[PDB]
J.: 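Take a look at the following structure, please.
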Amino acid sequence: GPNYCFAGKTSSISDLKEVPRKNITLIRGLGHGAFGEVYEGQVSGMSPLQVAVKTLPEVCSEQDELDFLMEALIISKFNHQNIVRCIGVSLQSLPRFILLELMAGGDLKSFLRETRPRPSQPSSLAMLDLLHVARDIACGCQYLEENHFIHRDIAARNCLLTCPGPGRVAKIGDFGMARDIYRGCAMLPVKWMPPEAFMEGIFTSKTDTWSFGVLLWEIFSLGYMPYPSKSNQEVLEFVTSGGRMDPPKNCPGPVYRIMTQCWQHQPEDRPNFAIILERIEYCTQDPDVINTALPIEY
Ligand SMILES: CN1CCN(c2ccc(C(=O)Nc3n[nH]c4ccc(Cc5cc(F)cc(F)c5)cc34)c(NC3CCOCC3)c2)CC1
C-alpha cells in the first residue's frame, strides 16, 4: 500500500473517507475523457448531497488501480476553495468510486466557447467575468505554490465552474499530470510549457506561472486553442526562439502584460502567484479594463 505526502503530512488508503456503497446513487452520466469518467450522483446520510462521481473501470491494470488510489489521496489532502473538494471514496465496492464536489458549470474551456458573445446574446460575458475566473484559478495556484505542489498542467480543460450564471466560481478540477509524475511524449501539454521544461526538464512553481499565462490567453480569447496553426514542435521552437502569442482579440493591455510577464524566458523574471493575483486585482479595479467590450462572434 502506497503512502502520499503533502504539506509534510503522510497519508494512505486508511485515511480516505470510505462512504458505504448503499449510500451512493448514480443520477446521470456527465461525460468522459482524459480526466476519466464522471457521473452526477447523490450521497445520503439518511436532503442528500449532490456530488460528482469518478469511476474506475472494473477491467483495468494494476497501475490503473494505483493511479485511482493516488488521485483519491492527492485530492483528499487539498484544502482550498478553488480546488474541488473530495467528499469521500468508495473503493471497497466495484466499480470503485471517488466522490467529488459537483461542478454544474462543467469545464472552463467548453464554457468559454459556448458563452461567446453573439448577435443574439451580445452580452453573455463581460471582461469582469473573465477577470473573476482568472482570480479564482490564480488563488488555487497560490495555495499550490505555497504548499510546494507543482500542478504541471494548468489549462482551461483542467478547470471547472460551480454554475453557468452570475456568481460562478472557477476551480482546479484535474490533477492527472501531477499524479502521473508522483508515480518527448506526444500527449505532453507542450503549448502550456516554458522553454526550460523541454530542455533540462526541471519543473518549478514558475513553470506553473508560465502555464497560467497561457490559461490567461485561453480565458481572454474566449476558449481558443493556443498558438493557432502551430504544431507541438513548431510551438516549442517558436517559444524557445523568444516568440510569444499576440493578445487575444480586444484584450486590454494591462491583461496582456500579465501574460507577457508570465512568459518571461528567465523563470526568476516571472511573477509568483501572489504578484499575479495583485495584478489581476488591479486590472479588476481599472474602469478602462473592465469597460472594454469583448468581440461579438458573427
Ligand atoms: C451545458 N453544459 C453541459 C455540461 N455540463 C457539465 C456539468 C458538469 C460536468 C462535470 O463533470 N462536473 C464535475 N463536477 N465535479 C467534477 C469533478 C471532476 C470532473 C472531472 C473533470 C475535471 C476537470 F477538470 C475537467 C473536466 F472536464 C472534467 C468533473 C466534475 C460536466 N462535465 C463534462 C466535462 C466535459 O467533458 C464532458 C463532461 C459537464 C455543464 C453544462
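By convention here, the first residue in the shown sequence is residue 1. This deposition comes from X-ray crystallography, 2.2 Å. Only heavy atoms go into these numbers, but all of them, side chains included; no hydrogens, no water, no symmetry mates. In each ligand, atom 1 is the first atom listed, and ligand 1 is the first ligand listed.
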J.: So I'm looking at this entry - what's holding onto ligand 1 the most? Name it the way it appears in UniProt, please.
T.: ALK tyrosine kinase receptor
J.: Quick one: do you know the drug at ligand 1?
T.: entrectinib
J.: What about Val84: any of its N or O atoms under 3.5 Å from an N or O on entrectinib (ligand 1)?
T.: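 No, there is no polar N/O contact under 3.5 Å.
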J.: Scan the protein's non-hydrogen atoms and note whether one is under 4.0 Å from atom 2 (N) of entrectinib (ligand 1).
T.: no
J.: Under 4.0 Å from any heavy atom of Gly31, which atoms of entrectinib (ligand 1) are there?
T.: 37 (C), 38 (C)
J.: Closest UniProt active-site residue of chain A with respect to entrectinib (ligand 1): which is it, and what is the heavy-atom distance to 1 Å?
T.: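 Going by UniProt active-site residues and heavy atoms, it's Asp153, 8 Å.
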J.: Which option, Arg85, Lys171, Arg157, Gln50, owns the non-hydrogen atom nearest atom 25 (C) of entrectinib (ligand 1)?
T.: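 The option holding the nearest heavy atom is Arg157.
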J.: State if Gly105 counts as touching entrectinib (ligand 1) under the rule of any non-hydrogen atom under 4.0 Å.
T.: yes
J.: What residue and heavy atom of the protein are closest to atom 4 (C) of entrectinib (ligand 1), and at what distance?
T.: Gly106 CA, 5.0 Å
J.: Is there a protein heavy atom at a distance of less than 4.0 Å from atom 35 (C) of entrectinib (ligand 1)?
T.: yes
J.: As an exercise, identify every atom of entrectinib (ligand 1) less than 4.0 angstrom from a heavy atom of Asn158.
T.: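 Listed by number with element, the hits are 24 (F).
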J.: Which of the atoms of entrectinib (ligand 1) are close to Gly173, meaning less than 4.0 Å from one of its heavy atoms?
T.: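 Under 4.0 Å from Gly173, entrectinib (ligand 1) has these atoms: 22 (C), 23 (C), 24 (F).
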J.: Give the atom numbers and elements of entrectinib (ligand 1) that come within less than 4.0 Å of a heavy atom of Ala52.
T.: 14 (N), 15 (N), 16 (C)
J.: For entrectinib (ligand 1) and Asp174, I'd like to know whether there is a polar contact (N/O to N/O, distance under 3.5 Å).
T.: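 No - when backbone and side-chain N and O of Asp174 are compared with those of entrectinib (ligand 1), no distance drops under 3.5 Å.
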J.: Which UniProt domain of chain A lines most of the contact region for entrectinib (ligand 1)?
T.: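 For entrectinib (ligand 1), the UniProt domain is Protein kinase.
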J.: Could you tell me the residue and atom name of the protein heavy atom closest to atom 30 (C) of entrectinib (ligand 1), and the distance to it rounded to 0.1 Å?
T.: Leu160 CD1, 3.5 Å
J.: Give the numbers and elements of all entrectinib (ligand 1) atoms closer than 4.0 Å to a heavy atom of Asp107.
T.: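 Checking each atom against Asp107, I get 27 (F), 34 (C), 35 (C).
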J.: Counting heavy atoms only, name the option from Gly41, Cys159, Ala104 that's nearest to atom 5 (N) of entrectinib (ligand 1).
T.: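 Residue with the shortest heavy-atom distance to the ligand atom: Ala104.
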J.: Look at atom 32 (N) of entrectinib (ligand 1) and say which protein heavy atom is nearest, naming residue and atom and giving the distance to 0.1 Å.
T.: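 For this ligand atom, the closest protein heavy atom is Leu30 CB, 4.3 Å.
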J.: Name the UniProt ATP-binding residues of chain A with a heavy atom closer than 4.0 Å to entrectinib (ligand 1).
T.: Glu101, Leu102, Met103, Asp174
J.: Find all residues with any heavy atom less than 4.0 Å from an atom of entrectinib (ligand 1).
T.: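 Going by non-hydrogen atoms, it's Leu30, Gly31, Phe35, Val38, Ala52, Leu100, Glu101, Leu102, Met103, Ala104, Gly105, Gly106, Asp107, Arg157, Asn158, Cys159, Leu160, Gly173, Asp174.
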J.: Report each N/O pair between entrectinib (ligand 1) and the protein that falls under 3.5 Å, naming both atoms.
T.:
from: entrectinib (ligand 1); atom 1: 12 (N); to: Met103; atom 2: O; distance (Å): 3.2
from: entrectinib (ligand 1); atom 1: 14 (N); to: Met103; atom 2: N; distance (Å): 2.9
from: entrectinib (ligand 1); atom 1: 15 (N); to: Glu101; atom 2: O; distance (Å): 2.9

